[PDB]
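BI 2536 bound to Transcription initiation factor TFIID subunit 1.
Chain letters follow the order of the sequence lines: the first is A, the second B, and so on. We number chain A the same way the PDB entry does; the residues here are 1501-1628, in that order. Numbers in chain B track the PDB entry; the residues on display, in order, are 1501-1620. Computed from heavy atoms alone, side chains included, the values below leave out hydrogens, waters and symmetry copies. First listed ligand is number 1; within each ligand, the first listed atom is number 1.
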Amino acid sequence: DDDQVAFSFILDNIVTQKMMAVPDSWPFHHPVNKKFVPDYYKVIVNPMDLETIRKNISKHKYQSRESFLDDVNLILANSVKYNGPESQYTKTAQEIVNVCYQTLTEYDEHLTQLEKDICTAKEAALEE
Amino acid sequence: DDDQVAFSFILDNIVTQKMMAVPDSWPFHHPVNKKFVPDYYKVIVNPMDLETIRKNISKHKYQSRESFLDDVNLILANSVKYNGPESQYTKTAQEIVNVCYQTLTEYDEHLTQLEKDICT
Ligand SMILES: CC[C@@H]1C(=O)N(C)c2cnc(Nc3ccc(C(=O)NC4CCN(C)CC4)cc3OC)nc2N1C1CCCC1
Ligand SMILES: CC[C@@H]1C(=O)N(C)c2cnc(Nc3ccc(C(=O)NC4CCN(C)CC4)cc3OC)nc2N1C1CCCC1
Ligand SMILES: CC[C@@H]1C(=O)N(C)c2cnc(Nc3ccc(C(=O)NC4CCN(C)CC4)cc3OC)nc2N1C1CCCC1
Ligand SMILES: CC[C@@H]1C(=O)N(C)c2cnc(Nc3ccc(C(=O)NC4CCN(C)CC4)cc3OC)nc2N1C1CCCC1
């Protein structure tokens, strides 16, 4: 029962303590306000930000690194398309991605254990 | 779609800030260790405690007050059966239930809205 809660708990701390701690990362903490910036949402088909990711964590959307990294990489891919590949904002998003992979790698063996246990538990549960 | 996370978050603060705060409530904060007290689990068929309630909350098990109160009332009902109706332990367990309904009622009007939006 503990494993999904623990994994989400770790992800959410990686976000708040490492990713949101990157200098000048504030533009990526919250969604672009669509009421104010409509052109953003005509350009970006799948907008993403760290707050949306935290909401996903709190709902336990991520059961492994891979779908979590999909949304994290999306924050960079969107920045590339809207701000340009050489933008200061994009360089900041690049750093957010790097610190993410750096942190996951530092805890690889622990996260792999959580992922295995989350996945075997869903197997046994549904079987039942 | 914030509503289940919001309802779970409120329940968890009622537990840590109000229920676990009644004096001498510590015996009800964690399970009876079955390795040391086997007679508890031969007498009590559905043992319950605050930490198990918190884990269920973190799993979003409770989608309304009704199933949440079932597990809270279980902690008293178990104490009546094992410790006696008149025990000091049972008296404190009564206060945990009392502060629980007292806190839920104070925010009743906010929680009913959360419950509706969870079902929708
Ligand atoms: C879409 C481009 C890029 C991006 O990729 N993302 C994700 C982004 C997301 N959210 C924001 N948000 C805000 C940006 C600026 C302001 C703000 O208050 N700016 C002041 C306005 C008055 N002016 C005299 C001084 C500056 C408020 C924002 O949200 C409340 N900006 C973002 N930026 C950039 C980061 C700074 C410029 C725009
Ligand atoms: C973006 C995550 C999510 C969400 O969706 N929203 C919108 C949200 C909006 N506001 C909050 N707010 C607070 C969250 C935690 C605390 C807090 O830690 N309080 C302590 C409790 C113990 N006490 C001894 C000391 C103080 C206070 C908050 O506001 C005052 N949390 C939110 N969460 C929650 C956070 C992760 C799970 C859900
Ligand atoms: C009978 C059950 C009843 C109950 O209703 N519940 C739920 C309960 C749950 N958990 C406990 N747990 C522990 C109770 C006492 C101790 C402990 O270390 N006590 C010392 C033992 C030796 N020492 C020299 C003197 C005191 C550790 C416990 O868990 C780590 N006790 C419970 N109690 C009572 C609450 C005080 C007495 C027993
Ligand atoms: C039933 C409780 C449940 C559970 O199932 N278990 C087993 C659990 C075990 N350990 C913890 N531990 C910690 C929980 C919160 C914090 C914390 O708030 N840390 C902040 C991090 C940022 N800052 C540097 C310091 C403040 C630290 C914890 O460990 C030291 N929490 C648990 N939870 C949590 C409750 C819902 C989510 C997870």
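With a cut-off of 4.0 Å on heavy atoms, the other chains touching BI 2536 (ligand 1) are A.
In terms of protein heavy atoms, atom 9 (C) of BI 2536 (ligand 1) is closest to A/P1527 O, 3.0 Å. Regarding atom 37 (C) of BI 2536 (ligand 1), its nearest protein heavy-atom neighbour is A/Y1589 OH, 3.6 Å. The part of A/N1583 lying near BI 2536 (ligand 1) is the side chain, judged by heavy-atom distances below 4.0 Å.
Taking atom 1 (C) of BI 2536 (ligand 1) as the reference point, the nearest protein heavy-atom neighbour is A/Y1582 CE2, 3.6 Å. Less than 4.0 angstrom separates atom 30 (C) of BI 2536 (ligand 1) from none of the non-hydrogen atoms of the protein. Chain A: most residues in contact with BI 2536 (ligand 1) are in UniProt domain Bromo 2.
The nearest protein heavy atom to atom 20 (C) of BI 2536 (ligand 1) is not closer than 4.0 Å.
Under 4.0 Å from BI 2536 (ligand 1), there are no other ligands or ions.
Within a 4.0 Å radius of atom 25 (C) of BI 2536 (ligand 1), the protein contributes no non-hydrogen atoms.
Using a 4.0 Å cut-off between heavy atoms, A/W1526 contacts BI 2536 (ligand 1) through its side chain alone, with no backbone atom that close.
Protein heavy atoms are absent from the space less than 4.0 angstrom from atom 17 (C) of BI 2536 (ligand 1).
By chain and number, the binding site of BI 2536 (ligand 1) (heavy atoms under 4.0 Å) reads A/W1526, A/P1527, A/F1528, A/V1532, A/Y1582, A/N1583, A/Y1589.
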May I have a table of the N/O to N/O pairs between BI 2536 (ligand 1) and the protein that fall below 3.5 Å, each row giving the two atom names and the distance to 0.1 Å?
residue: BI 2536 (ligand 1); atom: 5 (O); partner: A/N1583; partner atom: ND2; Å: 3.0

